[PDB]
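Caption: voriconazole together with Lanosterol 14-alpha demethylase, bound form.
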Amino acid sequence: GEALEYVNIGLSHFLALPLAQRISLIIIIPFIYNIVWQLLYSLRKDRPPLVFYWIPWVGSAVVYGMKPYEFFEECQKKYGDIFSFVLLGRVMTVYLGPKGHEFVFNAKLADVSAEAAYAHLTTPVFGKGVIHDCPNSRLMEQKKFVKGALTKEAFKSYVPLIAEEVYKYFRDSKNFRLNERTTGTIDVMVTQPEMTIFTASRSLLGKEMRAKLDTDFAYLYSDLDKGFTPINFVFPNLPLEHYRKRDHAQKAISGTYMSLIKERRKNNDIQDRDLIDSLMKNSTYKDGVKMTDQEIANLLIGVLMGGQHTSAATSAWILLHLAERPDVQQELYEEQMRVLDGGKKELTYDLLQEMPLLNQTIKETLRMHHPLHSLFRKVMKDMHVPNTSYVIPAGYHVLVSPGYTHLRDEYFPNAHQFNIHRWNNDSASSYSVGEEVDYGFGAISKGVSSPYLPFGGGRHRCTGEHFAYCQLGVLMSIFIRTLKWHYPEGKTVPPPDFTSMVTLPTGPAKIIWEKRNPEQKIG
Ligand code: HEM
Ligand SMILES: C[C@@H](c1ncncc1F)[C@](O)(Cn1cncn1)c1ccc(F)cc1F
């Protein structure tokens, strides 16, 4: 009773402490509070173990962002395959391994949302109305629109254009100019992004859109390029300047696409050339709405942008791994001479399919260097993980990471050794190992239990797998037949830089190239 007066009294003296002790208690009450909250949380047996952190809110973000596969391995040894950690205000429950791939890539639409996790990151860059700034059902239909331009007949015609672009680059780039140099050094992280965007542009976007890249316009891609960073997860729209040249470039680049979209319909200049022709002819949803010309341009940005960063990272890794392995280059070259009749057969999408060792090299690189170490979903409903007393409460996030499983000896013997022969009689981009399902964009595998899942699975599954292998196929067939490359003295494979949007190599990652035929000229 008389004590009740003194909780009151003490509350008044609390308010009248010096700014030195108030400030410090501002930073000790929450620190001491979250340490004692965690301790209570670990007695909850319907929750997966939460890994201890000191700083509240920040959580474990520092070690997760820097070495996420080392973090995952350390957590796996302590608490098994399921565990939570807090990440800059959110709570992520990792499910490692194939049962984890299944728990997350085959989750019900009712249980998890990818849109809910990524809309803050994608929509500022791509524009609105597409990808994650729409309902999952719109997403499924957009993928059906894009995927309707990623056919075998499309792929037969992209191969001469892609190959033209590779040669034009060897001819004209300051990094090569093969008609004036026979040897040189390139930074793969400078060359590979440029090659990707040229080849992707010319093929999917058309010749006009490829043409604009030879000009100043190219910088808008570079400006747009920088708004695609995990920082948009914390400060999505933060009134600074790289946020404006980002948005400037979005408006600017989406304008060029609509200008072309609009003039093509004005002229009925609508053929089967590029994905711009395709999305024009076929972008009406199942309920009857057509995509606005701006929505078509923003899907263009998002598709080109995402495939840009994964494809460019992958050919970088193919070069860096091969730079160290002249025996694999020798092997890949023999297959080039055998399949292409010593160079006296033009490269075709068909002939690419007969090059298993090349396709096995892409396959193996993508095993060791998955471009997305972590995929996320926001949990919408309380989720129960079977064989288990755990519930993942709504508002948590689930995190699948097949790239970690990729690097496990459990599923890949000597997982840390680059070995393309681990895929003998198995050069497939991927393989639907049984029964299939359709979420709107075509029949894809129903199970998602494979330990090798470079293109994920389920509804959010990649619709650019076959394009990626095409691009990477021509690019690497031509690199192989034209150049030998090795590392500078002392140099080896760089470690991955996980902090960016894709695990790309820690730069600079340089290789010395030599012409196989010094006296050869590109016409
Ligand atoms: C080496 C190349 C690529 C790799 C390794 C890769 C990997 C992936 C993965 C793992 C996902 C699943 C995302 C998630 O589950 O959260 C995905 C989604 C997707 N990717 Fe790719 N990707 C590649 C290239 C491309 C290209 C070139 C395109 C376009 C031509 C593309 C378009 C898409 C689309 C449209 C989705 C659907 C996302 C969704 O439905 O939520 N990707 N990709
Ligand atoms: C959202 C994005 C992503 N980026 C980084 N970490 C996780 C991610 F989910 C991604 O899934 C990645 N991606 C897959 N293939 C190409 N890019 C994506 C999907 C569709 C798209 F049109 C553009 C795009 F970037």
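Residue numbering for chain A follows the PDB entry, covering 9-531 in order. Just follow the structure's listing: the first ligand is 1, and inside any ligand the first atom is 1. The analysis underlying the following values was restricted to heavy atoms, covering all of them including side chains, and did not include hydrogens, waters or symmetry mates.
Tracing voriconazole through the model gives ligand 2. Site of voriconazole with heavy atoms closer than 4.0 Å: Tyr126, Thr130, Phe134, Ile139, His140, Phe236, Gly310, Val311, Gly314, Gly315, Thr318, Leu380, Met509.
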